[PDB]
Visitor: 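Notes on a complex, rolipram with Cereblon isoform 4.
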Amino acid sequence: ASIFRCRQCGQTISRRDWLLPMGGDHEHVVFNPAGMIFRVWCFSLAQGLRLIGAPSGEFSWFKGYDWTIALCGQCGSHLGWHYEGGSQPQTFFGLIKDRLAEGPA
Ligand SMILES: COc1ccc([C@@H]2CNC(=O)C2)cc1OC1CCCC1
Ligand SMILES: [Zn+2]
């Protein structure tokens, strides 16, 4: 259980070692304006994604950060968001926990 793959296709995405304690915890439970709930895990780093469009501040769940949608690079599944434009760290990834599968390296 040290690495994370896309649950839908197996693409390698991130690692447990890359989890990022944001505001005290790597886990945040948040809602979008369409009322969908997400269990978001924060990572310092991820790979195998494809970032779509340019960043937006609108409805950002993390103060001072702008988001871009992050799809699985391989299958297109929506895995989370890349955050940028902030401070300490400047950037990070918020990934949806139930869209990842955890397993050996
Ligand atoms: C599942 O969709 C989405 C769900 C959630 C957000 C978040 C709101 N606050 C954040 O920190 C990002 C953006 C989305 O993408 C939208 C942009 C255009 C259509 C959908
Ligand atoms: Zn995938």
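Along the sequence shown, residues are numbered consecutively beginning with 1. Only heavy atoms go into these numbers, but all of them, side chains included; no hydrogens, no water, no symmetry mates. In listed order, ligands and their atoms are each counted from 1.
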Visitor: Which numbered ligands or lettered chains belong to rolipram?
Guide: ligand 1
Visitor: Within the 4.0 Å heavy-atom shell around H78, which atoms of rolipram (ligand 1) are there?
Guide: 1 (C)
Visitor: Using a 3.5 Å cut-off on N or O atoms only, is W61 in polar contact with rolipram (ligand 1)?
Guide: yes
Visitor: Quick check: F59 and rolipram (ligand 1), any N/O pair under 3.5 Å apart?
Guide: yes
Visitor: Which atoms of rolipram (ligand 1) are found less than 4.0 Å from any heavy atom of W67?
Guide: 10 (C), 11 (O), 12 (C), 13 (C), 17 (C)
Visitor: Please determine if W81 has a nitrogen or oxygen closer than 3.5 Å to a nitrogen or oxygen of rolipram (ligand 1).
Guide: no
Visitor: If the cut-off is 4.0 Å to any non-hydrogen atom of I69, which atoms of rolipram (ligand 1) fall inside it?
Guide: 15 (O), 17 (C)
Visitor: Specify whether the nearest protein heavy atom to atom 19 (C) of rolipram (ligand 1) is under 4.0 angstrom away.
Guide: no
Visitor: Which rolipram (ligand 1) atoms are under 4.0 Å away from a heavy-atom of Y83?
Guide: 10 (C), 11 (O), 12 (C)
Visitor: Considering all protein heavy atoms, does one lie under 4.0 Å from atom 4 (C) of rolipram (ligand 1)?
Guide: yes
Visitor: With a non-hydrogen cut-off of 4.0 Å, what is the binding site of rolipram (ligand 1)?
Guide: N32, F59, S60, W61, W67, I69, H78, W81, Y83
